[PDB]
Structure formats: C-alpha cells, structure tokens
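Here's the structure, in structure tokens; my notes come after.
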Amino acid sequence: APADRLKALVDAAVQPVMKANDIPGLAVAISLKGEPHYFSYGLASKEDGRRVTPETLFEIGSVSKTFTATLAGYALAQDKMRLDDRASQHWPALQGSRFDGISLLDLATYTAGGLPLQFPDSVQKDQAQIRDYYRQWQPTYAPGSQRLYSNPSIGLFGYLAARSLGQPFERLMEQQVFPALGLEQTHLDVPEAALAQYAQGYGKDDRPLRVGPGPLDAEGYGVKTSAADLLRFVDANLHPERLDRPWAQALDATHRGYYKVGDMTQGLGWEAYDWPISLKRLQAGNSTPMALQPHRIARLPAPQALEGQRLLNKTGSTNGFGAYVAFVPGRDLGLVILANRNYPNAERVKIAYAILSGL
Ligand SMILES: *[B@@]1([O])OC2=C(C([O])=O)[C]=[C][C]=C2[C][C]1[N]C(=O)[C][C]1[C][C][C]([N][C][C][N])[C][C]1
C-alpha cells in the first residue's frame, strides 16, 4: 500500500504536468526519512525510444550554481578566501577594474551592481574575451543594493574561488568536489563511455538541444547528472555532518541567508522560503520577473541559518532541459525533478508542491 500510495501521489503530480507541457521524459527522486525513492517517466530520446531511468543524464542548468557554491564553501572552509574579500584580490587581470570595489559575497548573491543575466553574444568561451569583458564592466548601481540574477556574477565568484585554491574550476569539480560528494554519474564534460545515458533535450518544434560551449559555462550551468546522483547531493545537503569535515563546512556555507527579496532568502546557490508557504508564493519567488528584473534587497543584520521549517530550492534551465531541486532540512525531505524540456518554472514548482504536500 505505501509503495502504491507513494507511486499514486507522484503519478498524480507528474503525469498531468508532463502532458500539459509535452515533456518527453522526466525523472523524480525523493529522499524520505533517509530512504531514496525513484520514479521515471517517458523517453530520454524520442528518436530511439530509450526510456528515462534514475541513471539517465539530464542538463540541470543553473542548479549547477549550487555545486559552484559548494566549491566556494570549500575555499572558505580552507581559509583561501573570505566573502568580504574584494574580487580583484583573487585575479590580477581585474586589478584597477571596478572589481576592486566588489566583494565575493556581492558576486555570489547577484548584488555586484547590474552584471547581466548572460554574457553578451560577443563573449565566447575564451579566457582573454572573459578577462576583457570584466575589465571594461561598470556597475549600473551601488554594489550590495539590487539583486539581478546573473551568470557572469556567480560565474566569476566560482572562477575566483577556484583561483583561490590554485587550480582550474573544472579540474577541482572533477578531481575533488564530485568524489568528496560520492558523485560518479555527475559531469561537466560527459565521458565518451557515458554518452549513451545523456538524454536528448527538446525545444520549439521538438528541435534537439544539448548545451553548447559558453563563457564560464561550467560555473553557471554546465552540470549533467542523473536523478540518483542529484538526490545524493541533496542527501549530502540534508546531512553535511556525514561528510569529512572540510566538505561538511563547504555544504554548511551554502545554508546561510544574506538578504530577502519578497518571500525569498538568498544564500550561496540556494534560495530559501518559510515552510509551509502557499504554492502561489513559491511560484512567484521562482517567476520570470525574479530571474529578469532587478529587485532592491532587504539585507539581514546577520547571516541567517537556512535550516528547520524552510524549503531550500533552485531551478535550472537550458534550451532543452528543465530541472528543479527542493529540500526541507527540518523534515529530512528532499526532491529532484529532471526533465528534457525547458518547461515553465511555475509547472516544476506545481509538481514539487503536490509531492511535498502529499508527504
Ligand atoms: B539558469 O539555468 O537559471 C536560469 C533560469 C532558472 O532559474 O531556471 C531561468 C532563466 C535563465 C536562467 C539562466 C541560467 N541558464 C542559462 O544561462 C541558459 C543557457 C545560456 C547559454 C546558452 N547557450 C547559447 C548558445 N551559444 C544555453 C542556455
């Protein structure tokens, strides 16, 4: 009955949203009282009819920023950097730029002063173009005043964290972070031997879409992982104390809120809400205006522990994929929803809400 109840609950949440958004395949993973549960739907590739499993690789887009924050947490834990460090202390090519006046915290939390959603199309994945972009950049407003969701912002934060550790970002992620987290199905660059597991993404007219190279892609949106591995990451977030001490500290650094915008408390990577809260309020916190418009922040007097009766979440999108992760620390509850369509965030939250309410 409990298997049937749980399959009934997840089916009732997922199936209508998959039909309504024409999602070819979707993988759900739930952590409930320290037990994993997997629900797999539809097709990883329509063309060959490969089915979604808990080992299928999906692009998770901006959920990658929670990994980036974890590498920064590790640099913090090892005293290689501090959140109030000036950005240019960690990259000489930025010295003399406006990044002399911008903290790592500002970049991490999108408050550096109007760094845009994306690098402009003119900036390719090239070290010199990225250096020249940041050197010439000027804030639109005061650092620390307005949140504007930004790849270049948290991207630079992860790149500087990696420089502080004396190694490239992508090497640190593959050689240190993923192994420390027990993640063997999590990739920035999918190995040839694992390509059979990589789902096809679908956009308008079902055009096939896997993410192409871009400046600080790894930092902003580069992760491919399975529902099984992303739920392991969620379980590490729910129990940092089970990891070796420096990684425990790295994960705790991602559970600290610095400011509020509406119902949302901004941490490093993770965005937090009180729990319970209405579905409409959780959808609004993950809405298009929150991604695309600047918002004045309400700074907290001291960083707040993101634990207890709160929901921590992150949405992630690429042109072909739509991911959502959410966990409730105080209820030992975790959830991963990976899909091979970029379907609206409101719809991803609709599935999660139905599941989390059901439990
Ligand atoms: B990220 O996934 O977060 C994000 C959301 C969200 O939170 O779900 C909504 C809207 C935008 C973003 C930004 C992030 N994702 C990307 O930046 C998408 C990425 C950008 C580069 C593209 N490549 C261009 C081709 N040369 C691929 C999509």
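Here chain A follows the PDB entry, giving residues 3-361 in order. In listed order, ligands and their atoms are each counted from 1. Hydrogens, waters and symmetry mates are skipped; everything else that's a heavy atom, side chains included, is used.
Looking at ligand 1, the drug there is taniborbactam (bound form). Counting heavy-atom pairs under 4.5 Å, the chain with the most contacts to taniborbactam (bound form) is listed in the PDB entry as Beta-lactamase. The entry models a covalent bond from taniborbactam (bound form) to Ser64 OG. Of the protein's heavy atoms, none falls inside 4.0 Å of atom 24 (C) of taniborbactam (bound form). In this structure, the protein non-hydrogen atom closest to atom 20 (C) of taniborbactam (bound form) is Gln120 NE2, 3.8 Å. As stated in the entry, the source of chain A is Pseudomonas aeruginosa. Checking only distances, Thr317 does come within under 3.5 Å of taniborbactam (bound form), N or O to N or O. In terms of protein heavy-atom proximity, atom 18 (C) of taniborbactam (bound form) is nearest to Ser319 O, 3.6 Å. Considering only non-hydrogen protein atoms, atom 10 (C) of taniborbactam (bound form) sits nearest to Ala293 CB, 4.6 Å. Put simply, no part of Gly222 is less than 4.0 Å from taniborbactam (bound form), judged by heavy atoms. Neighbouring residues of taniborbactam (bound form) under 4.0 Å (non-hydrogen atoms) are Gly63, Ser64, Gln120, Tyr151, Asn153, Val213, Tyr223, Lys316, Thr317, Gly318, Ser319, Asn321, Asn347.
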